[PDB]
*Asks:* 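This file holds Chitinase with caffeine bound.
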Amino acid sequence: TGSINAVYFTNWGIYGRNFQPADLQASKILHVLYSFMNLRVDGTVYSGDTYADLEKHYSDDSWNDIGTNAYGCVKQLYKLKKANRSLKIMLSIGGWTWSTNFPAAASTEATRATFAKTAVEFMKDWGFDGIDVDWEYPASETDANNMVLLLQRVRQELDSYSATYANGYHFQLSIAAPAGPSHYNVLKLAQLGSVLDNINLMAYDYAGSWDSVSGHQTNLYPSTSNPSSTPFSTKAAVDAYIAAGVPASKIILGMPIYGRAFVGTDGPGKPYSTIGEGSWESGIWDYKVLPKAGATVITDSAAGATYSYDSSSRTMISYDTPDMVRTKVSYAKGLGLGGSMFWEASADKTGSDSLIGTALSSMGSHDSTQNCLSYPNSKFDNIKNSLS
Ligand SMILES: Cn1c(=O)c2c(ncn2C)n(C)c1=O
Ligand SMILES: Cn1c(=O)c2c(ncn2C)n(C)c1=O
């Protein structure tokens, strides 16, 4: 019953962004994509921040617990799982920055087995509900085939783990997927659709500093009036995936909780001086600070995009408004897509202007699939006891 509402939570969001797991709208999210784990060329998955993942003590945490115990974001997320049964926690591996070793990690039966075995080990120790593989991106036909083999080996490991320790609980397996044809045309889409529970389409980052002209970063449709503003489109991607034999219900529509800026520009599809400053890096702004004073919010209904434009500073910021999220959900419903996904949690507004909340309101009811609260093989005593 219901729709998927998947949200990236970054483990570095606990520093400088001061965004802790407890701040999530846990009752409005069915999948937390907990990001990221790193990996070696030999397939070994590992924590890139044990402090954030496991060791940080929140005000509730004791220093003198009996045995070996999990703290950090892991314990915090598990707390949320107990209180919100539709909340699945996914172990996200790789990502934009940590995809360099994927080709090698997927390359042999031995490396794929290591990746399986180490990934599931984290899942079963940390009390998570599945694995999300974010390989950006397979380059060759060999990589594409290896990706399928890797995912099948992970599926095998999840199934065997579950038969032994989870009474057949169906742990989940997903990927972050490209909306760029140069990348999705490499993938074995039909095979991916068969093996995976969900395919989270990264329907954003269509425009930025790498473009000669400003553009819409997350538009639904090609612009016929101003095509230089739309180098990509969600529609082309979704159509390609569905035509390939990917079940629409497994496709989850990614949406940005941030804006991409073009400073010193006449508007979409123009010349721009610089991407300018940002919230945490140049040219990217947290949704929660948009729109800025002096900027007007513009809707291009034909392209299916919103953006702010400030004509005095000649600054365009490409981002999704709540009413853009509503429009996108309506598009997704028409195609029978499985739900929504967001990058990333910390930047969202509160109350009704939350993009995460807006999406769920538009979607209707939340995915009823129950999480797992039984981890009898966890090396952490508190996790094995379900924090009871
Ligand atoms: C760094 N990074 C990612 O790694 C990523 C993403 N969307 C999906 N992934 C995996 N976004 C927007 C991102 O900025
Ligand atoms: C072009 N691009 C990026 O530049 C990017 C990203 N995620 C993070 N970054 C930085 N994605 C998904 C992306 O398509």
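Residue numbering in chain A adheres to the PDB entry, whereby the residues present occupy positions 39-426 in order. Atoms within a ligand are numbered from 1 in the order they appear, just like the ligands themselves. Both backbone and side-chain heavy atoms feed into the values below; hydrogens, waters and symmetry mates do not. Determined via X-ray crystallography, 1.6 Å.
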*Asks:* Polar-atom distance check: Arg298 versus caffeine (ligand 2), any N or O pair below 3.5 Å?
*Replies:* no
*Asks:* Nearest non-hydrogen atom to atom 2 (N) of caffeine (ligand 2) belongs to which of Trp381, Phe270, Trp134?
*Replies:* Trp134
*Asks:* Measure the distance from atom 12 (C) of caffeine (ligand 2) to every protein heavy atom, then report the residue, atom name and distance (to 0.1 Å) of the closest one.
*Replies:* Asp243 OD2, 3.6 Å
*Asks:* Organism of origin for chain A, per the PDB?
*Replies:* Bionectria ochroleuca
